[PDB]
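Notes follow the structure.
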Protein chains: 2
Amino acid sequence: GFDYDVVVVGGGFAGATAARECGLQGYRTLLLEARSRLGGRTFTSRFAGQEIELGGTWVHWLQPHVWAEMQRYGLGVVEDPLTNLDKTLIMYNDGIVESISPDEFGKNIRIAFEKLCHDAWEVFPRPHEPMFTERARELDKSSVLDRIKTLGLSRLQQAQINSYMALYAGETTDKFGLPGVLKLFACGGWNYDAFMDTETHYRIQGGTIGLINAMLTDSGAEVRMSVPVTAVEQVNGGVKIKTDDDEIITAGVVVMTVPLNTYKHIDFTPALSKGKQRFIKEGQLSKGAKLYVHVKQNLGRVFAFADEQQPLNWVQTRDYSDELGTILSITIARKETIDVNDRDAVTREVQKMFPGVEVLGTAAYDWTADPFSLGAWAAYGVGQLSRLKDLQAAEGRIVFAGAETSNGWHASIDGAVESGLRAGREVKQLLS
Amino acid sequence: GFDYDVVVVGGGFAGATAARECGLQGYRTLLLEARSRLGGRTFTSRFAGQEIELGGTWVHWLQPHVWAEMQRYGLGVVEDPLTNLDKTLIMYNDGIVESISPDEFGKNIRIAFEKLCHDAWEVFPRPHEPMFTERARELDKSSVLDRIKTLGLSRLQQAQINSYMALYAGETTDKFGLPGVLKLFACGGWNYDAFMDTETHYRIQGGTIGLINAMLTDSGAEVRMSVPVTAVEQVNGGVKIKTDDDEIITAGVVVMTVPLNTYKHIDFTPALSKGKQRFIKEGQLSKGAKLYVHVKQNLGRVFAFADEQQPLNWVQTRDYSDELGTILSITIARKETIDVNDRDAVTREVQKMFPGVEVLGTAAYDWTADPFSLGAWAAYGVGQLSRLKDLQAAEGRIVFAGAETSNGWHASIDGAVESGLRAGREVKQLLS
Ligand SMILES: Cc1cc2c(cc1C)N(C[C@H](O)[C@H](O)[C@H](O)COP(=O)(O)OP(=O)(O)OC[C@H]1O[C@@H](n3cnc4c(N)ncnc43)[C@H](O)[C@@H]1O)c1[nH]c(=O)[nH]c(=O)c1N2
Ligand SMILES: Cc1cc2c(cc1C)N(C[C@H](O)[C@H](O)[C@H](O)COP(=O)(O)OP(=O)(O)OC[C@H]1O[C@@H](n3cnc4c(N)ncnc43)[C@H](O)[C@@H]1O)c1[nH]c(=O)[nH]c(=O)c1N2
Ligand SMILES: CN1CCC[C@H]1c1cccnc1
Ligand SMILES: CN1CCC[C@H]1c1cccnc1
């Protein structure tokens, strides 16, 4: 006799997926979202006359959960200009920007990545069972920098791969866990060309928010925004959920999908297991941010890495023409290197990378400062992947999901969807 | 005012998927299946104390649609013994059986396959859009043998790759379309090690029939077996469906999922488009069959190719031990090379490959003789992939699906599931 069969906390991809799974079974379903918008660590917006994605953006058909959703809802891919590049740049830690022949640039990051992931087949034959091999557990004592130091890379190759890895860490690479990277590489078919294609090439037709809305419309669930959950109590065979204004909603089961780094906002009664408490105290690593810049010049199709002591770590073209100029998509590994909301600073750093351009505008999102993400994409520190099952475990009538808790594409939209399908299955089990 | 909102014809993976999609929307749904069982070109059975799969068997997490279903229903993988092989054999067209070091055997098929598919990245950058490039249309004038003749392969390599390709054709390789193979290779991450892992390594926990049953239970649809549809007439804004005993069922929309090679059993009014009629007159190529053999000896973990003039084209171990002996899974490219239901012949051919073994039993399935498949897995002849859209097109209130009609993994369970998700979306569009 509860208010709802299931309450889903969080309206990103994990929560939207879980609510869709539950609603299609006929369960009375409520989704509670803290922000005044949906999408979570994805956010569709507009800038310089284009639709832009200020969080998670790119997907691929090798990513099984999100691709199946795109198949169900009839969403095509939209290709960003990553082939036939006009310029490929590396900006080293010492501030030098060097233009590299695009063919040579791609050959060298491929060599570095395949060397970094040389044992991916042996360590992760089953990337959706991350601790399947003893070697993966042994490697979880090492960081990505530990391995980079043994590869004998050239100066170009070392700068490229350390830029790539600092971005995926949202942190310096001495803190970044090694097995999680090998596992993503295995997910992308154990080969660099395939894996790179999955990461920044194709966007969703209609945007991330379009797929969120399709799922929630399908679900039939009641959806409420601007309602943060601040406490969850298991009592009377179900759960009592309290919001910041002390209203109480009861439910048979709760699906938690909030980002790991935000669990400090929520009091659990009884306390969560010690393993989960350890993960909550640690958090995940990433301190990233994202921004678009509109410049007056037509730079064509460009790509740049910047190493971890520099701010503009991953740059590529979103749009270009003589009439428009260029819109650049820029992802930042560590928000401490640049205040993406400080336009003067942004203009200085962009000109450092592209001397002589005039900045006509910017659009930025500081995911690390946002109270309802407190960080960016999921990134495991040393030793954390080994303990993933602690985060995944159900605790009585509370089910846990979110990209951090997925087995496969944990840094991606796909991993969020995966965790939501798992959550739907677990809700069905708990309501049987 | 029809009997049903939607009638799904056929209870293989495409039909089970479509019925699930439609039932979860609340549409009044009926599935009609011709055989007295479900599963279509998959069939879970029992032999020598083990559960066996006499049709489609192996899946992979790089296959997005079937993997997402396994995530939803909580189905793990079951690994067959393909690593650390004890014996790898090649049987040439001239009947010689040669034992090859397993490491060398794998190196040589990898070289042959990567050479055959050397241009897969350029021809199929988007494997789910098969005619995206002009080069793919140009290559659809050539057969797989046409390309093999230009590779300069060794005797071992040519025999290995021609065996592999005759199996995927279910026919001799001079008739097999080239682009469809390049496209499957692209689906498997554009690399041989990944692609091979997707094809014969992992089975579905609980079997193909377990996943069919889960989908149809979820669907809530009414399911009727031993009811072949023999005619479909579009009339009165919907469809009239006639069965072999002249009963008539009416519906708003019909989803056709029967195998292409069986369309001769069904009269359409009005006639289907000329493009579809051409495909129906041509059919798809494969003439394959499958069988398991129980021998008294423990052969360990074995793998064999046999070239296309010989019958046992793809052999691997299903189970082995000293107490049990060995169960071998054998797939046959062309049913004209061996009568899989003739036990004496099977014993002769197995002994030709494994001289000295004692055959204790067999279990076989002649998919090419079965009236409700009239062939095996989908295999395109020369020029057919270019015309795929003709087969996919809706015709008024009739939607078409089945693995032959998919864009990606068309030779697989995954492509069937893909086509069923597409059909569900199209039914939703037609009922709006
Ligand atoms: C800048 C940037 C860039 C990328 C990416 C992320 C970021 C930040 N990613 C990763 C991808 O965006 C990410 O993995 C998923 O969006 C995570 O979805 P979840 O639903 O797990 O969490 P997510 O954080 O999206 O959703 C959780 C929800 O919980 C809410 N919430 C928090 N506390 C709450 C409370 N107390 N009460 C109620 N609700 C609460 C939040 O407001 C949020 O809506 C990505 N991926 C990819 O596939 N391709 C890409 O290109 C990128 N790039
Ligand atoms: C021997 C063998 C081996 C393999 C495979 C196939 C075969 C035959 N495949 C391919 C895979 O099995 C195949 O692609 C799908 O099962 C096809 O699913 P569909 O639903 O498209 O057709 P499918 O043929 O399964 O379903 C069509 C249904 O329509 C019914 N029907 C026909 N005419 C009718 C009528 N007039 N009225 C009513 N119903 C009618 C049939 O009885 C059948 O149940 C495979 N794939 C893979 O992923 N891994 C693998 O290892 C293999 N290996
Ligand atoms: C594809 N991604 C997953 C998480 C980070 C992200 C990414 C990669 C390159 C540039 N920006 C974001
Ligand atoms: C994995 N497959 C798809 C269709 C044919 C099939 C196959 C491959 C190897 C041996 N038997 C069947």
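In what follows, chains carry the letters A, B, and so on, assigned in the order in which the sequence lines appear, proteins first and then strands, with residues in each chain numbered from 1. Each ligand, and each atom within it, is numbered from 1 in the order the structure gives.
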| What does UniProt call the chain with the greatest number of heavy-atom pairs under 4.5 Å to ligand 3? | Nicotine dehydrogenase
| query | Which drug molecule has been modeled at ligand 3? | reply | (S)-(-)-nicotine
| 4.0 Å heavy-atom contacts of (S)-(-)-nicotine (ligand 3) by chain | A
| message | Just wondering, which residues come within 4.0 Å of (S)-(-)-nicotine (ligand 3) on a heavy-atom basis? | response | A:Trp58, A:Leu167, A:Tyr168, A:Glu199, A:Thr200, A:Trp314, A:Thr331, A:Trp377, A:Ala411
| message | Tell me the protein heavy atom at minimum distance from atom 8 (C) of (S)-(-)-nicotine (ligand 3), and give that distance in Å. | response | A:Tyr168 OH, 3.4 Å
| task | Report the source organism for chain A from the entry. | result | Pseudomonas putida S16
| message | Could you tell me, atom by atom, which parts of (S)-(-)-nicotine (ligand 3) come under 4.0 Å of a heavy atom of A:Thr200? | response | 8 (C), 9 (C), 10 (C)
| task | Measure the distance from atom 1 (C) of (S)-(-)-nicotine (ligand 3) to every protein heavy atom, then report the residue, atom name and distance (to 0.1 Å) of the closest one. | result | A:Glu199 O, 3.1 Å
| request: Using distance alone, decide if (S)-(-)-nicotine (ligand 3) has a nitrogen or oxygen within less than 3.5 Å of any nitrogen or oxygen in A:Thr331. | output: yes
| field | UniProt (S)-nicotine-binding residues of chain A, heavy atom under 4.0 Å from (S)-(-)-nicotine (ligand 3) | value | A:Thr331
| field | Heavy-atom nearest neighbour in the protein, as seen from atom 7 (C) of (S)-(-)-nicotine (ligand 3), with distance rounded to 0.1 Å | value | A:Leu167 CD1, 3.9 Å
| said: Considering non-hydrogen atoms of the protein only, which is the closest contact for atom 3 (C) of (S)-(-)-nicotine (ligand 3), and what is the distance? | reply: A:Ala411 O, 3.1 Å
| Closest protein heavy atom (residue, atom, distance) for atom 5 (C) of (S)-(-)-nicotine (ligand 3) | A:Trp377 CD2, 3.7 Å
